[PDB]
Novice: 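Looking at a model with PF-00835231 (bound form); I have a few questions.
Chain naming here is simple, since letters A, B, ... match the order of the sequence lines and numbering starts at 1 in each. What's counted below: heavy atoms across the whole structure, side chains too, no hydrogens, waters or symmetry copies. In listed order, ligands and their atoms are each counted from 1. The deposited model was determined using X-ray crystallography, 2.1 Å.
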Amino acid sequence: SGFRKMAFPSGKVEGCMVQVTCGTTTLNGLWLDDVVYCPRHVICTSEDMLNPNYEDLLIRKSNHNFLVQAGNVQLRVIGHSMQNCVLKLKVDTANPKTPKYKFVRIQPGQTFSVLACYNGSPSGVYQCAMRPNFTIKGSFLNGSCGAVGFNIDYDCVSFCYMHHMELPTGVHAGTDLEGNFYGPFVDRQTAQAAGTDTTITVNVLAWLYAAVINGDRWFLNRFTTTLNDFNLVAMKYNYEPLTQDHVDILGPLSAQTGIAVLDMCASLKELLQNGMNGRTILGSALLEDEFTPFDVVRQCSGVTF
Amino acid sequence: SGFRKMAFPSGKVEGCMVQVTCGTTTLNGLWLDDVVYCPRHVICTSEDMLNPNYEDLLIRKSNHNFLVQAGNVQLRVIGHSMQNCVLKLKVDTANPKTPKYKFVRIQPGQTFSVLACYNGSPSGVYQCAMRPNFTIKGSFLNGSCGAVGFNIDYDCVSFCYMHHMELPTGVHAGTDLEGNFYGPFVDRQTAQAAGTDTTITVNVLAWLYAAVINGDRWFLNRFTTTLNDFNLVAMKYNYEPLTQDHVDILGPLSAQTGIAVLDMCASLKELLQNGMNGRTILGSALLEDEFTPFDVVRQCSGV
Ligand SMILES: *[C@@](O)(CO)[C@H](C[C@H]1CCNC1=O)NC(=O)[C@@H](CC(C)C)NC(=O)c1cc2c(OC)cccc2[nH]1
Ligand SMILES: *[C@@](O)(CO)[C@H](C[C@H]1CCNC1=O)NC(=O)[C@H](CC(C)C)NC(=O)c1cc2c(OC)cccc2[nH]1
C-alpha cells in the first residue's frame with residue numbers, strides 16, 4: 001500500500017532526448033525515427049524572441065544551420081519544416097531506441113510524467129497535471145525548453161507535452177507534439193497570464209474513491225444528486241464541471257467500491273458546503289486533485305508496462 | 001522556477017530489472033554483470049516464511065530451482081550464494097545493459113529514487129527519504145519485493161535499497177545491496193514495529209528555503225534564535241537536532257535568499273508552536289521533510 005505521486009519509468013523517453021542548437025540558442029528535442037521535434041524558437045536569437053516573425057526567420061535558415069546532437073554525436077539535418085510552434089528536423093539516422101509511440105493532446109485534469117532535461121541530458125522525472133487554466137505546476141530551469149511530458153500505456157509512449165514557457169506566476173506552459181499551445185499562450189518573450197485556475201473535480205472524486213478503497217469512508221453521506229445540479233454547485237466553489245467522459249472514467253472505481261458516481265458527488269458537495277470539520281482524508285486536510293482515476297488504479301491495484 | 005519531488009531518470013536501472021521465481025514465489029531481481037541480486041525469502045514456502053532458517057533452506061536448493069526471466073529470455077542460473085538477506089544468483093550471461101554502479105548504504109535523512117517494479121517489469125519511479133527510524137514512506141504492492149532504490153552521480157548508479165517489507169503501519173522496510181536491513185527489521189512473516197519516527201529537521205529547513213525562493217514568505221518573521229534554543233524546541237516536537245554541519249550544508253540556500261539559517265530556525269520554531277493556521281507552503285498543509293538541501297539546490301540554483 002501507500003499513496004504517492006508516481007512517474008512512469010522514463011527509459012523509453014530518455015533514449016529519445018537530444019540537443020538542438022541554432023547559432024548560440026540551444027534547447028532539447030525529441031528524436032523519433034529520423035525526425036527531431038523541438039520548439040521553433042530555437043531559430044531565434046535572444047533579441048528575435050521579443051517579437052518574432054517565425055515564417056520570416058525560418059525562410060533564412062537552411063538544413064546546415066541546425067546542430068542536432070545525441071550526447072556529443074552530431075546527427076546531420078537533411079530537412080526541416082515548421083508545424084505550429086514546433087520545428088521538425090529530418091535527420092540522417094533513424095533513432096534505434098525509438099519506442100512505439102503516439103502524439104496525443106490531453107485534457108485539463110489529465111496527468112503525465114515530465115522528463116526534466118538539459119542540453120539533451122535527462123536530469124529528473126516527475127508527475128504533473130494539466131491545470132484547468134492549461135498551465136502545469138512544474139520545475140523548469142533555463143535550458144529546459146523541449147523537455148517532453150508523456151504517458152505509457154502497454155509499451156506505447158503517448159507524448160502529450162513539450163515545454164516552452166514559464167509564466168510570471170511561476171507556472172509553466174507548453175504545446176502538444178503538433179506544436180499547438182495548451183491554453184491562450186504564444187511563444188514570444190512576453191509576460192502572459194493564465195486564466196484563474198480551478199480544482200480538478202474528477203480527480204478529487206478519484207481521490208475520495210481511493211480513500212474509500214482504503215477503509216476511510218466517514219465522508220460518505222446519504223444523498224445523491226443530478227449531474228447538472230452538482231456542476232452548478234461545484235462552480236460556486238471554483239471546482240471544474242464534470243463531463244460525461246469524467247463520469248465514464250470514474251466507472252471502475254465506482255464499480256470496485258459500489259458507490260455510484262452521483263452519490264460520491266453528493267458526498268463531495270457536502271464537503272464543499274460544510275468543510276472537513278477538523279477531519280482528514282487519507283491523512284490530509286486538503287482535498288487532493290492531481291491523481292486521476294487511472295493514477296488511483298495504478299497505485300491501489302498495481303499496473304505494469 | 002518551481003519545486004517538485006523529483007526522481008532520477010530510471011533508464012539505467014530499468015535495464016537491470018529481472019524476475020526471479022522459486023517454487024510458487026516470484027519477485028524482482030537486479031541483474032548486474034553475471035549476478036542477479038534479489039531478496040532471499042524467495043526460497044521460502046508459505047510454511048517457511050514464518051521462521052526461516054535461511055542457511056538451512058538455501059543449502060537444500062539447487063541452481064535449477066531458480067527461474068530467472070529477463071523479458072522474453074530465461075537466464076540460466078549457474079550458482080547461488082547468500083549475503084545477509086540478499087540472494088546472489090550467478091548466471092551464464094552478463095547483462096549488456098549493466099551501468100557503472102556501486103553499492104552504498106544511505107544515511108537517515110538522505111533521499112533516493114525508487115523504481116517500483118512488478119514481475120521484473122517497472123511500473124513507476126518516485127523519490128523517498130530514509131527516515132530516522134530507518135523506514136521509508138513508499139508505495140509498494142504485492143510482488144514489489146526486490147525493487148531497488150538508487151541515486152545517479154554523473155553516469156554511476158549508486159544502489160542503496162532493495163525492498164522486502166511493509167510494516168503494519170503501512171510504511172516500508174528493506175536492505176542495502178549487501179543484504180543488511182535498514183533498521184531493526186527481520187525478513188520473517190511477522191508484524192513488526194519501528195522506533196518512534198522523528199522529523200528530518202535539516203530537510204524541513206531546506207524546504208522552507210525552497211518555499212522562499214519560489215515566492216512563499218508568509219511564515220518568515222523578524223526573530224532569530226540560538227542553535228541550542230532551537231534544538232530545545234525541536235526535540236520537544238520530535239524533530240531531529242540540527243548540527244553545525246547541517247547549518248553549514250544550508251549555507252548556499254542562506255546565501256541565495258539572504259536569510260540566515262538561525263533566522264529560518266526562528267520561523268520553523270514559530271510554525272511548530274503555532275501550526276500553519278489554514279495556510280499552505282508550496283501547496284502543502286504539512287511541514288515537508290523529504291527534500292534534502294541538495295535536492296533544493298539542484299532545483300533552485302539561479303532562480
Ligand atoms: C514482497 O513482495 C514479498 O516477496 C512483500 C512486500 C510487499 C507486500 C505488500 N506491500 C509490500 O511492501 N513482502 C512481504 O510480503 C513480506 C516480507 C517478509 C520478509 C517475507 N511480509 C511483510 O512485509 C509483512 C508480514 C506481515 C505480518 O505477518 C504476519 C503481519 C503484519 C504486517 C506484515 N508485513
Ligand atoms: C526555454 O528553455 C527557452 O528555450 C525557456 C523555459 C525556461 C526558462 C526558465 N524557466 C523555464 O521554464 N523558455 C523561455 O525562456 C520562453 C522563450 C520563448 C520566447 C517562448 N519565455 C519565457 O519563458 C518567458 C518570457 C517572459 C517575460 O517576457 C519578458 C516576462 C515574464 C515571464 C516570462 N517568461
Novice: Do you know where to find PF-00835231 (bound form) in this model, all copies counted?
Specialist: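 Counting all copies, it's at ligands 1 and 2.
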Novice: Quick check: main partner chain of PF-00835231 (bound form, ligand 2) by heavy-atom contacts, named as in UniProt?
Specialist: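 By most contacts, it's 3C-like proteinase nsp5.
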Novice: Using a heavy-atom cut-off of 4.0 Å, which other chains touch PF-00835231 (bound form, ligand 2)?
Specialist: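 Other chains with a heavy atom that close: A.
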Novice: What residues end up in the site of PF-00835231 (bound form, ligand 2) at 4.0 Å, going by heavy-atom distances?
Specialist: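 By heavy-atom distance, that gives A:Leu27, A:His41, A:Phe140, A:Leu141, A:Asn142, A:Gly143, A:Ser144, A:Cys145, A:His163, A:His164, A:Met165, A:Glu166, A:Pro168, A:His172, A:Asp187, A:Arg188, A:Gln189, A:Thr190, A:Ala191.
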Novice: Are any of the N or O atoms of A:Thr26 closer than 3.5 Å to those of PF-00835231 (bound form, ligand 2)?
Specialist: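 By distance alone, the answer is no.
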Novice: State the atoms of PF-00835231 (bound form, ligand 2), each with its element, that fall below the 4.0 Å cut-off from a heavy-atom position in A:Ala191.
Specialist: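 In order of number, 27 (C), 28 (O), 30 (C), 31 (C).
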Novice: Below 4.0 angstrom from a heavy atom of A:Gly143, which PF-00835231 (bound form, ligand 2) atoms are there? Numbered from 1 as shown, please.
Specialist: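 In order of numbering, the contacting atoms are 2 (O).
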Novice: Identify the organism of origin of chain A according to the PDB entry.
Specialist: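 Going by the entry: Severe acute respiratory syndrome coronavirus 2.
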Novice: Compute the least heavy-atom distance between PF-00835231 (bound form, ligand 2) and each UniProt active-site residue of chain A, then give the nearest residue and its distance to 1 Å.
Specialist: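 Rounded to 1 Å with heavy atoms, the UniProt active-site residue is A:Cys145, 2 Å.
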Novice: Does PF-00835231 (bound form, ligand 2) come near enough to A:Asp187 that some N or O of the ligand is less than 3.5 Å from an N or O of the residue?
Specialist: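 No: no nitrogen or oxygen of A:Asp187 is under 3.5 Å from one in PF-00835231 (bound form, ligand 2).
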Novice: Go through PF-00835231 (bound form, ligand 2) atom by atom and flag the ones less than 4.0 Å from a non-hydrogen atom of A:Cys145.
Specialist: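 Those atoms are 1 (C), 2 (O), 3 (C), 4 (O), 5 (C), 6 (C), 13 (N).
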Novice: Is there any N or O on A:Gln189 that sits under 3.5 Å from an N or O of PF-00835231 (bound form, ligand 2)?
Specialist: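 Yes, at least one N or O pair falls under 3.5 Å.
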Novice: Looking at the deposited structure, to which atom of which residue is there a covalent bond from PF-00835231 (bound form, ligand 2)?
Specialist: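 There is a covalent bond to A:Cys145 SG.
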Novice: Can you list the PF-00835231 (bound form, ligand 2) atoms lying under 4.0 Å from a non-hydrogen atom of A:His172?
Specialist: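 PF-00835231 (bound form, ligand 2) atoms under the 4.0 Å threshold to A:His172: 12 (O).
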Novice: If you count the atoms of PF-00835231 (bound form, ligand 2) from 1 in the order shown, which ones are under 4.0 Å from a heavy atom of A:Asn142?
Specialist: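 This gives 8 (C), 9 (C) as the contact atoms.
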Novice: Curious here: most residues of chain A touching PF-00835231 (bound form, ligand 2), which UniProt domain are they in?
Specialist: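 Those residues lie mostly in UniProt domain Peptidase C30.
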